[PDB]
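Notes follow once the structure below has been shown.
Residues 5-110, 114-116, 119-173, 181-352, in that order, are what chain A shows, numbered as in the PDB entry. No hydrogens, no waters, no symmetry mates; every other heavy atom, side chains included, goes into these values. In each ligand, atom 1 is the first atom listed, and ligand 1 is the first ligand listed.
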Amino acid sequence: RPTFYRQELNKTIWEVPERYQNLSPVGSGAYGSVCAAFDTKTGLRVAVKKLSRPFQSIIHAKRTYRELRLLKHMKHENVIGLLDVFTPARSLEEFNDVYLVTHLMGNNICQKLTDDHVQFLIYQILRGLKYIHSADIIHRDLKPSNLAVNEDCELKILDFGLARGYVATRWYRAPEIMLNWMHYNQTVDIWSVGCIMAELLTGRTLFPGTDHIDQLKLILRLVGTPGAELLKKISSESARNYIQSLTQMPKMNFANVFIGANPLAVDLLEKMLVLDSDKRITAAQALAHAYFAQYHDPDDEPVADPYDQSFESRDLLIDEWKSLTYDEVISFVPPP
Ligand SMILES: Cc1ccc(-n2nc(C(C)(C)C)cc2NC(=O)Nc2ccc(OCCN3CCOCC3)c3ccccc23)cc1
């Protein structure tokens, strides 16, 4: 057991091994806080996430276990990976706190904004999402503040998950999940990618809605109102009656909206930003789109090892989720 030390940052106590130094706050929300730091065992910059009161409720405890399990499993160049996990506790009996560590990579709109760099950035997002989806995980939260990039334009997907330069989750959300239209699939995340790629091409947020009603209004102005075939798939009656009450909107010509852009970029956006999630392109199909010809390699776009989510079905007490989390802390082995 290393020697720990204590300090207070923004009214939050941090008790961490002495190898982690110069802690500097990055972000904070209801569920936790993140600091940047230097790891003197390696000479590298890291980020440390402290969960707020991880075992104070069932929701907290199960979220804590969910995140540690998933982060321990993620082993992909375009997804966050876990360098370390630790607790100042010396026994289960005083286990009250959880800290997670990753290498510090840091979007904020990589040096130049060329079509080449948009290609590479969106390519890496799709490559990481193919991996995440193959583990039967839906991100649900994709947005520019959940992407990490370095000076070489390499990118990783993460999820702060803190309930935190303003970037609203709703701006990048697919309408079927934002408004509980229907049972939704993994391509909700592809909608978010389309929104991100559009912003990289135009310099502005595609759909900056101020609430869910305005968000839907902005979306339908581009993609048009649902026709009769999709309305029949909107199984929520309240949502269907609302949409049918609206002034109908035509689908816009994307070549005019994104004037000046690579025609292959426009075509890809046309396949991502479609209301019908049965027709929206998947991450693996998008990787094969001609926009990515200079990066796509179907032999270097790997999938995840199988990921056991049977714990999600279990209805457990705080102290049981706590014990399972402690098991996972104790068994962690840092990568090479
Ligand atoms: C309940 C819950 C369940 C699962 C998640 N979840 N889901 C995913 C997938 C789906 C993308 C695999 C990833 C995560 N969790 C995260 O991505 N957690 C983290 C976010 C931001 C961080 O640091 C931000 C600072 N940043 C780090 C990179 O370098 C630049 C700075 C982090 C630093 C250390 C450790 C963990 C961090 C989240 C919550």
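The name UniProt gives to the main binding partner of ligand 1 in this structure is Mitogen-activated protein kinase 14. The name recorded for the drug at ligand 1 is BIRB 796.
Rounded to 1 Å, the minimal heavy-atom contact between BIRB 796 (ligand 1) and the UniProt active-site residues of chain A is with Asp168, 3 Å. The closest protein non-hydrogen atom to atom 33 (C) of BIRB 796 (ligand 1) is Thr106 CG2, 3.5 Å.
In terms of protein heavy atoms, atom 24 (C) of BIRB 796 (ligand 1) is closest to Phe169 CZ, 3.5 Å. Which of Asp168, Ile147, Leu171, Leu167 comes nearest to atom 16 (C) of BIRB 796 (ligand 1) through a heavy atom is settled by distance: it is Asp168. Here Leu86 has no heavy atoms under 4.0 Å from BIRB 796 (ligand 1), in either its backbone or its side chain. The residue from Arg67, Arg49, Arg70, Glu71 that puts a heavy atom closest to atom 5 (C) of BIRB 796 (ligand 1) is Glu71.
At a 4.0 Å cut-off, not a single heavy atom of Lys165 sits close enough to BIRB 796 (ligand 1) to count as contact. Atoms of BIRB 796 (ligand 1) lying under 4.0 Å from any heavy atom of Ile84, numbered from 1 in the order shown and given with element: 13 (C), 17 (O), 19 (C), 32 (C), 36 (C), 37 (C). The UniProt domain of chain A that supplies most contacts to BIRB 796 (ligand 1) is Protein kinase. The ATP-binding residues of chain A named by UniProt that have a heavy atom under 4.0 Å from BIRB 796 (ligand 1) are exactly: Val38, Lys53.
Heavy-atom contacts of BIRB 796 (ligand 1) within 4.0 Å involve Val38, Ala51, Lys53, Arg67, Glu71, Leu74, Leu75, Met78, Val83, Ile84, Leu104, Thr106, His107, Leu108, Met109, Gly110, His148, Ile166, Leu167, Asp168, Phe169.
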